Undergrad: 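This entry shows telaprevir (bound form) within the model.
Chain A is numbered as in the PDB entry, which gives 982-1180 for the residues shown. Atom set for the values below is all heavy atoms of this structure, side chains included, hydrogens, waters and symmetry mates excluded. Whatever order the structure lists them in is the order used to number ligands and atoms, beginning at 1.
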Amino acid sequence: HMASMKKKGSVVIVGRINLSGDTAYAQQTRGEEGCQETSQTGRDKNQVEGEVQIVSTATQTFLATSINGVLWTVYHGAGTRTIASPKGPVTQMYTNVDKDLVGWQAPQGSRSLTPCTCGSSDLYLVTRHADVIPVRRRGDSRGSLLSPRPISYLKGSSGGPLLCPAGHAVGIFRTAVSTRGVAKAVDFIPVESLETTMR
Ligand SMILES: CCC[C@H](NC(=O)[C@@H]1[C@H]2CCC[C@H]2CN1C(=O)[C@@H](NC(=O)[C@@H](NC(=O)c1cnccn1)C1CCCCC1)C(C)(C)C)[C@@H](O)C(=O)NC1CC1
Ligand SMILES: [Zn+2]
């Protein structure tokens, strides 16, 4: 009974959204069997690159975004889980259920986005399928899609970035705002909220 007590696995990086060139595209770096093993050991020796990682638990796949040397994602996806790394599991450096926000030290090899300082309300959401979707900022933590999509389109994009025209991080996508299955808007965690969390 106490001896049969299992532990939750680590979050595992299973790919990335490549934003380095003219074309955004998703790359897978680990398959399902490797993911399952790595989640249990917490030992991930794969090379990490890029700003936006595709991450998985046993039950969910979603995104994580590096900003100012922290890999950030949503609490509703990651919970309090460690992330797998070459040295074994790494404990969260930030955990905030009230903001729906968690973060780990950014993996060696990752690149970070810089927080936006320009005040622009013309944003771009990067999805787990590497779509770059225009979003008009409508408040501190909400934006509207210029073209509404079924919510399926956004499933698994939580933890991904909203970017300004200059490619700086404005926020982390948290949840879709939907009506009868159509997403018309998105809620996000503003980068200023991350910056406060960091000090
Ligand atoms: C929504 C797309 C991204 C996913 N976000 C989520 O799953 C978040 C989580 C936040 C905590 C509760 C969950 C519900 N959720 C939602 O976005 C859900 N949105 C909602 O439930 C939104 N509510 C509504 O759309 C609504 C409200 N009244 C009546 C009818 N519909 C609320 C509205 C208030 C602000 C917050 C959003 C949705 C779209 C799935 C039904 C993300 O978790 C993800 O990447 N998923 C993949 C693994 C399956
Ligand atoms: Zn900016």
Undergrad: Could you help me spot every copy of telaprevir (bound form) here?
TA: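 Counting all copies, it's at ligand 1.
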Undergrad: Going by distance only, is there an N or O of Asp1081 that falls short of 3.5 Å from an N or O of telaprevir (bound form)?
TA: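 No - when backbone and side-chain N and O of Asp1081 are compared with those of telaprevir (bound form), no distance drops under 3.5 Å.
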Undergrad: Of the side chain and backbone of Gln1041, name the one, both, or neither that has a heavy atom under 4.0 Å from an atom of telaprevir (bound form).
TA: side chain
Undergrad: Just go through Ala1166, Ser1159, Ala1157 and tell me whose heavy atom is the nearest to atom 32 (C) of telaprevir (bound form).
TA: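 Heavy atom nearest to atom 32 (C) of telaprevir (bound form) belongs to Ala1157.
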Undergrad: Under 4.0 Å from any heavy atom of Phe1154, which atoms of telaprevir (bound form) are there?
TA: 2 (C), 3 (C)
Undergrad: Could you tell me, atom by atom, which parts of telaprevir (bound form) come under 4.0 Å of a heavy atom of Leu1135?
TA: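 Those atoms are 2 (C), 3 (C).
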Undergrad: Counting only heavy atoms, which portion of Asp1168 has something under 4.0 Å from telaprevir (bound form): side chain, backbone, both, or neither?
TA: side chain
Undergrad: Should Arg1109 be listed as contacting telaprevir (bound form), given a heavy-atom distance under 4.0 Å as the test?
TA: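 No.
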Undergrad: Side chain or backbone of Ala1164 under 4.0 Å from telaprevir (bound form), or both, or neither, by non-hydrogen atoms?
TA: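 Looking at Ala1164 and telaprevir (bound form), no heavy atom falls under 4.0 Å.
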Undergrad: Please work out which of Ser1037, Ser1139, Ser1122, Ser1133 has its closest non-hydrogen atom nearest to atom 3 (C) of telaprevir (bound form).
TA: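 Among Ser1037, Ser1139, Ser1122, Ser1133, the closest heavy atom to atom 3 (C) of telaprevir (bound form) belongs to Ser1139.
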Undergrad: Report yes or no: does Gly1137 have a heavy atom closer than 4.0 Å to telaprevir (bound form)?
TA: yes
Undergrad: Could you tell me which atoms of telaprevir (bound form), counted from 1 in the order shown, lie closer than 4.0 angstrom to a heavy atom of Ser1138?
TA: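 Those qualifying, in numeric order: 45 (O).
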Undergrad: What residues contact telaprevir (bound form) if the heavy-atom distance limit is 4.0 Å?
TA: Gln1041, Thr1042, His1057, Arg1123, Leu1135, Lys1136, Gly1137, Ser1138, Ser1139, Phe1154, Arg1155, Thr1156, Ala1157, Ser1159, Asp1168
